[PDB]
Amino acid sequence: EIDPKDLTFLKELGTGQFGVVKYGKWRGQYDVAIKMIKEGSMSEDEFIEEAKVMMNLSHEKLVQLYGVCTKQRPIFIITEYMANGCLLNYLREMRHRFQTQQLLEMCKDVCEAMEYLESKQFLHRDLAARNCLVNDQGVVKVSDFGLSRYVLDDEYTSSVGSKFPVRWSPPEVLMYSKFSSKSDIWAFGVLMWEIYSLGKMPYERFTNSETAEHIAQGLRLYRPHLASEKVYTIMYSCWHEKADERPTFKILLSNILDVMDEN
Ligand SMILES: Cc1c(NC(=O)c2cc3c(s2)CCCC3)cccc1-c1cn(C)c(=O)c(Nc2ccc([C@@H]3C(=O)N(C)CCN3C)cc2)n1
């Protein structure tokens, strides 16, 4: 429980699934982001009841959830600040600057975070470049892990809703709402594709339902120009139809490190 008196609001960062997010400082020194949770946007009682595990998740490649302010309305979620914003926009804006080594390093950053989450049996549930953030030194970190569970918005929570991350979902999520470590694995593959395509929309020009239909029948994302065959093999392994044939994040990290060593 953070004392809201210790927070200084400094800048509007935009709006996300829970409403307004602001940049500020904690105790005049530490850079933070502060989600001000819009009333009715979140299952607050449920989040508060369950939130301690999420705060104890600690890793260099996670965007840390520092604490909460719950003795007030609206409630706040205080996290680590990331000066370069979300990875999807960062890729798009610096598109002509990246070397292939840096793209691989981004994949490694995310994979390390996810390997940690996997070891804690904690699901992200909405992994995608938009839910990775970038610090002032270009380090990529995974953000808002586990929060999708508390979203109150039928357009997001229903698999036929317009905000559901269909393009990041395996068949068993689309058909059965069966989330597991292996649905995060699928999403990580799509994320690697977002990285190597330098921020393109997966299945662009397909609607969500067309995407569902086509992946169910075995359609997969093509190899981006900048991805080597070894890199494509890694992302492709995430997309096995059967969840039990997909690798673990431990295995993916080993795969990524091996490519780095060869390069
Ligand atoms: C995480 C986030 C959101 N998204 C969310 O809060 C949620 C996503 C999900 C939720 S809530 C529940 C379900 C799962 C998905 C919205 C706006 C800012 C930030 C955000 C957070 N953090 C932790 C940051 O460090 C950060 N940094 C940042 C943002 C914007 C800019 C900068 C800017 O100031 N503006 C105004 C736009 C251009 N941009 C580059 C720079 C850094 N943004």
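Along the sequence shown, residues are numbered consecutively beginning with 1. Because only heavy atoms are used, hydrogens play no part in the values below, and waters and symmetry mates are left out as well, while side chains stay in. Start at 1 and go down the list; that is how both ligands and their atoms are numbered.
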- Query: Looking at ligand 1, which of these is it: ZK-807834, GSK126, SCIO-469, GDC-0834?
  - Reply: GDC-0834
- State which chain has the largest number of heavy-atom pairs within 4.5 Å of GDC-0834, named as in the PDB entry. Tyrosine-protein kinase BTK
- Item | Other-chain residues near GDC-0834 (heavy atom, 4.0 Å) | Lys11, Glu12, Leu13, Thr15, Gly16, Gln17, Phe18, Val21, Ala33, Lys35, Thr79, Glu80, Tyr81, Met82, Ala83, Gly85, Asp126, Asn131, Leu133, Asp144, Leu147, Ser148, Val151, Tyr156
- Task: Please report which non-hydrogen protein atom sits nearest to atom 15 (C) of GDC-0834, along with the residue it belongs to and the distance in Å to one decimal place.
- Result: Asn131 OD1, 3.5 Å
- Message: I'd like to check atom 32 (C) of GDC-0834 in this structure: does the protein have a heavy atom lying under 4.0 Å from it?
- Response: no
- GDC-0834 to chain A UniProt active site: nearest residue, heavy-atom distance: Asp126, 4 Å
- Item | Atom indices of GDC-0834, in the order listed, that fall short of 4.0 Å to a heavy atom of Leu133 | 21 (C), 22 (N), 23 (C), 24 (C), 25 (O)
- When you measure from atom 43 (N) of GDC-0834 to every protein heavy atom, which one gives the shortest distance, and what is it? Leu13 CD1, 4.0 Å
- For GDC-0834, what is the UniProt domain of chain A harbouring most contacting residues? Protein kinase
- Message: Can you tell me which residues in chain A that UniProt annotates as binding ATP end up with a heavy atom closer than 4.0 Å to GDC-0834?
- Response: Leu13, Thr15, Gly16, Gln17, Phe18, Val21, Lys35
- Identify which UniProt-listed dasatinib-binding residues in chain A lie under 4.0 Å from GDC-0834 by heavy-atom distance. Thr79, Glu80, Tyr81, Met82
- Item | Under-4.0 Å protein heavy-atom contact, atom 40 (C) of GDC-0834 | no
- Are any of the N or O atoms of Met82 closer than 3.5 Å to those of GDC-0834? yes
